[PDB]
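Heads up, this one has niflumic acid in it.
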Amino acid sequence: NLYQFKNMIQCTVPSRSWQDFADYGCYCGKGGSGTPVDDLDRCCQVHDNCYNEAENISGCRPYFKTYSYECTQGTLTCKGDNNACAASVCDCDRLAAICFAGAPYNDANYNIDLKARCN
Ligand SMILES: O=C(O)c1cccnc1Nc1cccc(C(F)(F)F)c1
Ligand SMILES: [Ca+2]
């Protein structure tokens, strides 16, 4: 769930407050339309899709599902005790968190006008 995702970020990208990722580009946060303004936006685009895919599994709600995972000594691990749904979301979240750490941050891309720039 979002809390867990929020926590995967704080551990993967300590140097940056998680809210910097809450509303950025066209995909990070809400929205799922338009052209990803940059690599970091691409990370979120892939993330949004992943979630969408996970939604196909019955009763599976990526924002709310509580899954099992851990982050220590620089490693993020989705544990073996996750059912299909949990396993999927966790992986969605884990992959995004890793992508985030590797993606450059462009202050100009924070809080952009979705209605006008993501069509
Ligand atoms: O999408 C991301 O990458 C993200 C990253 C950090 C925090 N929040 C994020 N998203 C996000 C998306 C919808 C609603 C919320 C909210 F509930 F906090 F408002 C957060
Ligand atoms: Ca989104």
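The numbering of chain A matches the PDB entry: 1-15, 17-120, in order. Counting starts at 1 for both ligands and their atoms, following the listed order. Values below: every heavy atom of this structure, side chains too, minus hydrogens, waters and symmetry copies. For this deposited structure, the header notes the method as X-ray crystallography, 2.5 Å.
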For this session: Point out each ligand or chain corresponding to niflumic acid.
Result: ligand 1
Exercise. In this entry, what is the main binding partner of niflumic acid, named as in the PDB entry?
Worked result: Phospholipase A2 isoform 3
Exercise. Can you tell me which residue and heavy atom of the protein come closest to atom 7 (C) of niflumic acid, and the distance to 0.1 Å?
Worked result: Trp19 CE3, 3.5 Å
Exercise. In chain A, which residues that UniProt lists for Ca(2+) binding have any heavy atom less than 4.0 Å from niflumic acid?
Worked result: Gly30
Exercise. Nearest protein heavy-atom contact for atom 5 (C) of niflumic acid: which residue, which atom, what distance?
Worked result: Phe22 O, 3.5 Å
Problem set entry | Organism in the entry for chain A | Naja sagittifera
Problem set entry | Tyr64, portion touching niflumic acid at heavy-atom distance under 4.0 Å | side chain
For this session: Within a distance under 4.0 Å of any heavy atom of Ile9, pick out the atoms of niflumic acid and give their elements.
Result: 5 (C), 6 (C)
Problem set entry | Polar contact flag for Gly30 and niflumic acid (N/O pairs, less than 3.5 Å) | yes
Exercise. At a non-hydrogen distance cut-off of under 4.0 Å, which region of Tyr28 contacts niflumic acid (side chain, backbone, both, or neither)?
Worked result: neither
Exercise. Which UniProt active-site position in chain A is nearest to niflumic acid, and what heavy-atom distance, to 1 Å, separates the two?
Worked result: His48, 5 Å
Exercise. Should one rank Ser18, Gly26, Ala23 by closest heavy-atom distance to atom 8 (N) of niflumic acid, which comes out on top?
Worked result: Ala23
Exercise. What other ligands and ions have an atom less than 4.0 Å from niflumic acid?
Worked result: none
Problem set entry | atom 3 (O) of niflumic acid [closest protein heavy-atom partner, distance rounded to 0.1 Å] | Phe101 CZ, 3.4 Å
For this session: Considering heavy atoms of the protein only, find what lies nearest to atom 18 (F) of niflumic acid and give residue, atom and distance to 0.1 Å.
Result: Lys6 NZ, 3.3 Å
Exercise. Which protein non-hydrogen atom lies closest to atom 15 (C) of niflumic acid, naming both residue and atom, and how far is it?
Worked result: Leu2 CD2, 3.5 Å
For this session: Report the binding site of niflumic acid using a heavy-atom cut-off of 4.0 Å.
Result: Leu2, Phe5, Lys6, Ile9, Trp19, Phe22, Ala23, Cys29, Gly30, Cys45, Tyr64, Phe101
N/O pairs closer than 3.5 Å, niflumic acid and protein:
| unit_1 | atom_1 | unit_2 | atom_2 | d |
| --- | --- | --- | --- | --- |
| niflumic acid | 1 (O) | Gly30 | N | 3.0 |

